[PDB]
A.B. asks: 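Structure of estradiol bound to Estrogen receptor beta - open in front of me now.
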Amino acid sequence: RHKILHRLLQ
Amino acid sequence: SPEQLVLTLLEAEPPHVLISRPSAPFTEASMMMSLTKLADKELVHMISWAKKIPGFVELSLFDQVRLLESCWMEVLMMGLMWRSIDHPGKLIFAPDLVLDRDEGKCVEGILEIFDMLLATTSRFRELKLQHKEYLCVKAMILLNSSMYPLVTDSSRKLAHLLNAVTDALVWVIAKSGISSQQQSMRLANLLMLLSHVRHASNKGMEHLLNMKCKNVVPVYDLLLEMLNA
Ligand SMILES: C[C@]12CC[C@@H]3c4ccc(O)cc4CC[C@H]3[C@@H]1CC[C@@H]2O
């Protein structure tokens, strides 16, 4: 759902 | 603490994303392709930007996420307005994508949004918005969204942050040496424009959601995700 956002935040 | 906070925001500024007009005359499709391709790339850089604001990466994952989902359009638009502040009747999307107001006629529903963006830009121009005020306002936009309790100290951590940003802005405004009452009026004038930015954001989001549905424009990756809600 935030598949990519989570990726970039972490 | 205000000076350091302001320098951190200054040093946090994302790069200018470069894009050019297509070779062929604009169509609705091709204009939407250009602006979404630009937005998507600027989104990538907005994450790195946010992560450089002191405290942001100390908030919980869900909190970082929720603030970014909530403000990204607003932040795109704020950065747009700052770029365009000295150029009445134009939107400076990128050095090589400078749209005349009338070019919004190209895309159904977009002229009205251009006009809002243009009106909000003129209001910043009239107020003579300063670079450091723009840095504080943009960070306030990241930090100042409804955050009703989710079911997953981050909320107090949020308040402390937005507090420090608001103080920084008060401190930047103090530098003008204008009357105490006029320092209050200026603060109020800048923060009242936050609603206008939220409002444009709302129209922008809706417009793009609709463009996506009518398959008028394909959207990819980060932008697609942020859109999917
Ligand atoms: C979101 C839209 C495409 C992307 C546009 C954009 C793209 C990049 C940017 O820095 C600012 C903006 C604000 C106006 C946006 C448009 C308003 C509606 C349109 O769908």
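Lettering of chains proceeds alphabetically from A, tracking the sequence lines in order. By the PDB entry numbering, chain A shows 1-10, in order. Chain B residue numbers are taken from the PDB entry; in order, the displayed residues are 264-415, 421-497. Both counts, for ligands and for their atoms, begin at 1 and track the order of listing. So how was this one determined? The header says X-ray crystallography, 2.2 Å. Any value given below was found using the heavy atoms of this structure, including those in side chains, with hydrogens, waters and symmetry copies removed.
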A.B. asks: From which other chains does some heavy atom lie less than 4.0 Å from estradiol?
C.D. replies: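 By letter, the heavy-atom neighbours are B.
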A.B. asks: Which other-chain residues or nucleotides lie under 4.0 Å from estradiol, by heavy-atom distance only?
C.D. replies: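 Counting heavy atoms, the site comprises B/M295, B/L298, B/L301, B/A302, B/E305, B/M336, B/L339, B/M340, B/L343, B/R346, B/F356, B/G472, B/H475, B/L476.
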A.B. asks: Taking 4.0 angstrom as the limit and counting only heavy atoms of B/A302, give me the atoms of estradiol inside it, by number and element.
C.D. replies: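 Listed by number with element, the hits are 7 (C).
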A.B. asks: Go through estradiol atom by atom and flag the ones less than 4.0 Å from a non-hydrogen atom of B/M336.
C.D. replies: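 In order of numbering, the contacting atoms are 1 (C).
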A.B. asks: Can you list the estradiol atoms lying under 4.0 Å from a non-hydrogen atom of B/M340?
C.D. replies: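 Matching atoms, with element in brackets: 13 (C).
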A.B. asks: Just which atoms of estradiol are under 4.0 Å from any heavy atom in B/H475?
C.D. replies: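 Result: 18 (C), 19 (C), 20 (O).
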A.B. asks: Just wondering, which UniProt domain of chain B does estradiol mostly touch?
C.D. replies: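 According to UniProt, mainly NR LBD.
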A.B. asks: Which estradiol atoms does B/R346 reach within 4.0 Å, using its non-hydrogen atoms?
C.D. replies: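 Result: 10 (O).
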A.B. asks: If I apply the N/O under 3.5 Å rule, does B/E305 come out as touching estradiol?
C.D. replies: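 The answer is yes, given that B/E305 and estradiol share an N or O pair closer than 3.5 Å.
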